[PDB]
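The structure described below contains sunitinib.
Read the sequence lines top to bottom; their chains are A, B, and onward. Chain A uses the PDB entry numbers throughout; the residues present, in order, are 10-293. Residues displayed in chain B correspond, in order, to the PDB entry positions 10-293. In chain C, numbers come from the PDB entry; the residues present are 10-59, 63-293, in order. Just so it is clear, chain D uses the PDB entry numbers, and the residues here are 10-57, 61-293, in order. Atom set for the values below is all heavy atoms of this structure, side chains included, hydrogens, waters and symmetry mates excluded. Just so you know, ligand 1 is whichever comes first in the structure, and atom 1 is the first atom listed for that ligand.
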Amino acid sequence: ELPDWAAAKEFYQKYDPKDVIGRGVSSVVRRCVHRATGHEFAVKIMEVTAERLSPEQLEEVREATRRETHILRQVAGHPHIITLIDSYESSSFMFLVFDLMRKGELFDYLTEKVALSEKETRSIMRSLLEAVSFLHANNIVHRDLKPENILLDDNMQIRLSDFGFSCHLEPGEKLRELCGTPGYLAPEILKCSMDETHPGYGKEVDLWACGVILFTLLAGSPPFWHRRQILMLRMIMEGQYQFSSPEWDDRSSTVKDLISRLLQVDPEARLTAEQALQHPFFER
Amino acid sequence: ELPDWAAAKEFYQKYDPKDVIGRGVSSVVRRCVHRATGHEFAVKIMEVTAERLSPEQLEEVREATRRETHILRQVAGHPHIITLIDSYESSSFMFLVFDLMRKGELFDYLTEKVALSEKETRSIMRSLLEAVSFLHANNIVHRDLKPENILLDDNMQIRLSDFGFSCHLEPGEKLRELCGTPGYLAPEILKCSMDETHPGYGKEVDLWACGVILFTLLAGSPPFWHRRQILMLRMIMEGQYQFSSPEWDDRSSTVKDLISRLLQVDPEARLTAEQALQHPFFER
Amino acid sequence: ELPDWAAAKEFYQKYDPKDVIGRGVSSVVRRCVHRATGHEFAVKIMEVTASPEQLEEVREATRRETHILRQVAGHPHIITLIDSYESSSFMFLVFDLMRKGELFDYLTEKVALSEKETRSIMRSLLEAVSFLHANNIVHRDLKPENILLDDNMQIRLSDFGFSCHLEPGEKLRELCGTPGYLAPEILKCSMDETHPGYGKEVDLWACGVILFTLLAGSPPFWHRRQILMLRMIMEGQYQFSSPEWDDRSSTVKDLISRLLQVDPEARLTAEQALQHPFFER
Amino acid sequence: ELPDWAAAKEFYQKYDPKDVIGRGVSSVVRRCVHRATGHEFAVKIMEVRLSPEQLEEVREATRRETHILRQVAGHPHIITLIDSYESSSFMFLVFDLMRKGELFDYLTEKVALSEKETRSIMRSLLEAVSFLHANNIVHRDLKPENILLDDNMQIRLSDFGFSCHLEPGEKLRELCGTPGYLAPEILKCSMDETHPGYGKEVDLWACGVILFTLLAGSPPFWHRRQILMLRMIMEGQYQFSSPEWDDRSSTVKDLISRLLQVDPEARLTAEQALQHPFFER
Ligand SMILES: CCN(CC)CCNC(=O)c1c(C)[nH]c(/C=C2\C(=O)Nc3ccc(F)cc32)c1C
Ligand SMILES: CCN(CC)CCNC(=O)c1c(C)[nH]c(/C=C2\C(=O)Nc3ccc(F)cc32)c1C
Ligand SMILES: CCN(CC)CCNC(=O)c1c(C)[nH]c(/C=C2\C(=O)Nc3ccc(F)cc32)c1C
Ligand SMILES: CCN(CC)CCNC(=O)c1c(C)[nH]c(/C=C2\C(=O)Nc3ccc(F)cc32)c1C
């Protein structure tokens, strides 16, 4: 609601933006320094009018970013969720100040390490499921859990980010919007988006994505993939995945049981985040 | 079958390969000249061993190409189906000599003209449906009908090509395999690729594709499309398409009736190729 | 100059930023609206934060560019610098909004242009080049990417990043510009420190390359290896290949030839090129 | 030479072609199996619109290449031409199969290499270069794309398409090789006909560029604009940038500086480079 000159003035007067650590379609993520203290943060600068869109499409983008910042303020404080430290909002742009996560995305870490150990995977998954359990208890569904949306610090501590697809979900109520990354989508989202008669989806979709993340961290490859995206959709919907002999050889049966219980096609038969956390995998 | 040196010797002795007119994963299509006469053809050189594959997958490729060449020999002679003039078959490769179709793919013609007239569309559709009627009478289902698989000569005469997905279908027998271009897929192919209890599909899938082709030739755009492929599938299964006012304005009610009778979700209620050919759109 | 917050405040208070219409290495070009009048413009935002000595080199170079732009502001076929805002990190340059974008993208869409359309573009281009030269400015980066179009298909020369002043009789030495558009004397000079240098004639060789490219839809000196392209330039080896140069007049081929003249002394000036029988109407 | 059916028959009778492991403009590289022994090789299949004169140029050049390859066949760090079959439209060249592919693709995967692994690659690359030079051959296209690796991480120098024999005392002038790897003297004499020419020292400048690139993961002379890259080369302007050169010894920095020496007389020979304390142990 601030004029553009005010949001820009207030941000640049209080913060010193530094090197670019990430880029998006209508945004850039930069390291920044709080001038008065010398303390470091990360700033996401969203350019709301950077894309050519109809006035209706533009108000959709504005309403969605409002939905996101509201959710970010609700969950600010949780140790394994990104903290919105400060915000400068105007009609044309949004300056969102967050925690600086110095080891970047979990995705880039996985690329470097190829595949992670069960010890390091346990630590990441526990933190992730704790964050998901908190969101769920507060009736928030993330709707885009993936290694690209999980950030790391120098102590290898994770913080869940990118709440652009997140929304509130009243207990009992169901969603239908197709959003998220195809490889991480639960069967009920696909069934739902292809068949209008399908009842819809809930918070269980996050736990299917957790199952996909868990598999990918250990295997170094996703459980469902194909050259042709349409053939990937039946493997997801039929829950067709395998613990292939070369990479899944020395992996415990305990983690395979956890993946099996998270990668459950029936959302009613699927583990909740609280259930997943009391799984023996996390009992060390 | 021939040793590799014999297939290569026999082909290169009789034919002079020229310019590349098409590319594939493990194949190239080139214009070629019959050395003794100077007459021109097109040769598809299939490189069976060009991709690194398991011994089982490699025998799948070999069996697949045998299925295709067998079908091509059965249908050779039909005026609106590509003619396999000659073949040199060895373990490692396949040299398939065909008619040279000098105006290339119908798809590229449609791109150039943007949208075709009902007069030119009638001529193409009549020839297409005659070819489809012939295939089905011989218990063959094409399974990938689209403007990219329809070739044109200088006289604007068509020839159906690309029989890589074709198969024999004994009458009354049903298929389940998902293969073929998503935009051209019938609802029953999708429905049974997500509901295992669904009985499967038959030769009617080629006629849905004919309906999609007919719409696209006239509109210059497909009846089902979305940025997200999964939302396009929902439109196909519900048979949700429209004759949009700017491009469908001066188009006859007769062709819109034909399209409606081809883009019929129920395969039993959908026109057969013989039925489509008796429709008043094909009146001379 | 000013603190970062001040240049940003001054720009965003006067202008409303809209859609991105272009991107560069250290810049973005956006459509913008002047809040008080409602008039549309284009703003180039240069981010000089994405050594302190090298950063002042970049600042000094952008000052050289804006100075030249202010001198030429007013010409109907040259981009107009409307406004500018400077800080340590940023540079906000407000220009005319050219709604049909780059001539390069237009050429991609049309594949090749007609002599009639090419005549209109070339006349405007050579008039702008003649003006630049009369004011002792050498553009040094003339190419279809640096020529902008409005809705009336009217041309404006832009991207004065390599431009500089040139007192008559004096010569230049710096190797700059796009390789495909470089005159032979620039390549010759870049090596031999005893070589006398180059002048405003390098702009007219680039005009010759532009003229060829508009008609052919491809450049006269091209290959996969850039080093072999340099040999072609220096020997002035171009051909009017039979498929695309078939329907072309001998009059325009005579013009191309007289612009693509290796000897800068024998090469047509902008005023000479404008008196060519190709521009008689 | 032979009709097309004969070159094809002779090749496919002796070798069983497998998967495509590489592609070029007018060629494909495939793994192949020698039918009688079951041993694996790599075959480069070269295929042919050009004038009859230009087509005989492409033929004569490939004959120059195969002649050089037969002279060098036997060296442990040079690619071995096992066999060759030629026709009007094809050339089948059978070589050693280097299972870890191009050093370039290995560098892409690893991003940057260790000094331990670079010393091992650079020793064998200099030994191959020293051998070529002792036999009066200049490679003229040394780069990571032309260095092949086996499973033991052992190298073999390949792609002799620009190679030529050079009589001692005599000099070359042809501009060829990859721009980023070109020595300053190649650029100086391409433009100036009075410049004396270049010799085998150009391969050692390329070795210096390879050494830099293996350690940095990026080349020493690079720029968004190709024409600014040439200026960088000729002035020998490169830097050991703080993020990627942080954990690199001064010893390897020294050898790079002694190989990336603008004066060819002051530049290290292959035998001299092999006596540097970087290879001592
Ligand atoms: C140059 C080396 N790297 C290789 C891939 C650069 C990539 N990126 C990095 O290292 C990186 C670093 C150090 N932090 C982040 C991102 C965020 C951060 O820290 N707080 C946030 C709050 C919100 C948000 F939306 C993103 C971030 C990245 C992507
Ligand atoms: C000129 C460059 N282009 C791309 C490589 C050309 C566009 N393509 C063209 O013109 C074209 C022409 C002139 N014929 C074909 C294809 C076939 C043909 O004729 N007989 C066949 C038999 C089997 C088959 F599977 C394809 C063809 C194309 C794609
Ligand atoms: C970025 C997305 N699109 C891809 C084709 C947009 C295409 N781009 C377009 O249409 C386009 C338009 C409509 N204007 C411009 C550029 C400028 C302009 O107008 N005044 C200037 C003054 C100075 C300058 F240095 C650039 C411009 C482009 C590139
Ligand atoms: C499809 C391409 N891929 C890119 C990442 C595969 C990577 N590359 C690979 O697998 C590869 C392998 C395993 N060998 C080679 C090349 C040659 C080889 O072995 N003997 C030769 C002799 C001469 C020559 F001129 C090339 C080769 C490649 C390109």
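Taking every copy into account, the model assigns sunitinib to ligands 1, 2, 3 and 4. The largest share of close contacts with sunitinib (ligand 4) comes from the chain named in the PDB entry as phosphorylase B kinase gamma catalytic chain, testis/liver isoform. Using a 4.0 Å cut-off on heavy atoms, the other chains next to sunitinib (ligand 4) are D. Regarding atom 22 (C) of sunitinib (ligand 4), its nearest protein heavy-atom neighbour is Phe107(D) CB, 3.4 Å. Nearest-heavy-atom check against atom 4 (C) of sunitinib (ligand 4) across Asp28(D), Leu160(D), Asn158(D), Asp117(D) picks out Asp117(D).
Nearest protein neighbour of atom 20 (N) of sunitinib (ligand 4), counting heavy atoms only, is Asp108(D) O, 2.7 Å.
With atom 19 (O) of sunitinib (ligand 4) as the reference point, the heavy atom nearest to it among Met110(D), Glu157(D), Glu121(D) is part of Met110(D). At the heavy-atom level, UniProt-annotated ATP binders of chain D within 4.0 Å of sunitinib (ligand 4) are as follows: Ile30(D), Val38(D). Most of the interface of chain D with sunitinib (ligand 4) sits in UniProt domain Protein kinase. Contacts between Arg111(D) and sunitinib (ligand 4), counted as non-hydrogen atom pairs separated by less than 4.0 Å, involve the backbone only. Residue-level proximity to sunitinib (ligand 4) for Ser170(D) is absent, since no heavy atom of it falls below 4.0 angstrom. Lab note: closest UniProt active-site residue in chain D to sunitinib (ligand 4), heavy-atom distance to 1 Å, was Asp153(D), 11 Å. Considering backbone and side-chain atoms together, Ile30(D) places an N or O closer than 3.5 Å to an N or O of sunitinib (ligand 4). According to the deposition, there is no covalent link from sunitinib (ligand 4) to a chain.
Within sunitinib (ligand 4), the atoms closer than 4.0 Å to a non-hydrogen atom of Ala51(D) are 18 (C), 20 (N), 21 (C), numbered from 1 in the order shown.
Interface atoms of sunitinib (ligand 4) facing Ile91(D), defined by a heavy-atom separation under 4.0 Å, are 22 (C).
Given atom 25 (F) of sunitinib (ligand 4), the protein heavy atom at minimum distance is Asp171(D) OD1, 4.0 Å.
The binding site of sunitinib (ligand 4) (heavy atoms under 4.0 Å) is made of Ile30(D), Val38(D), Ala51(D), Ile91(D), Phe107(D), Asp108(D), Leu109(D), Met110(D), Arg111(D), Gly113(D), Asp117(D), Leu160(D).
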What are the distances between nitrogen or oxygen atoms of sunitinib (ligand 4) and protein nitrogen or oxygen atoms, counting only those under 3.5 Å?
residue: sunitinib (ligand 4); atom: 8 (N); partner: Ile30(D); partner atom: O; Å: 3.3
residue: sunitinib (ligand 4); atom: 14 (N); partner: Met110(D); partner atom: O; Å: 3.1
residue: sunitinib (ligand 4); atom: 19 (O); partner: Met110(D); partner atom: N; Å: 2.7
residue: sunitinib (ligand 4); atom: 19 (O); partner: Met110(D); partner atom: O; Å: 3.1
residue: sunitinib (ligand 4); atom: 20 (N); partner: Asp108(D); partner atom: O; Å: 2.7

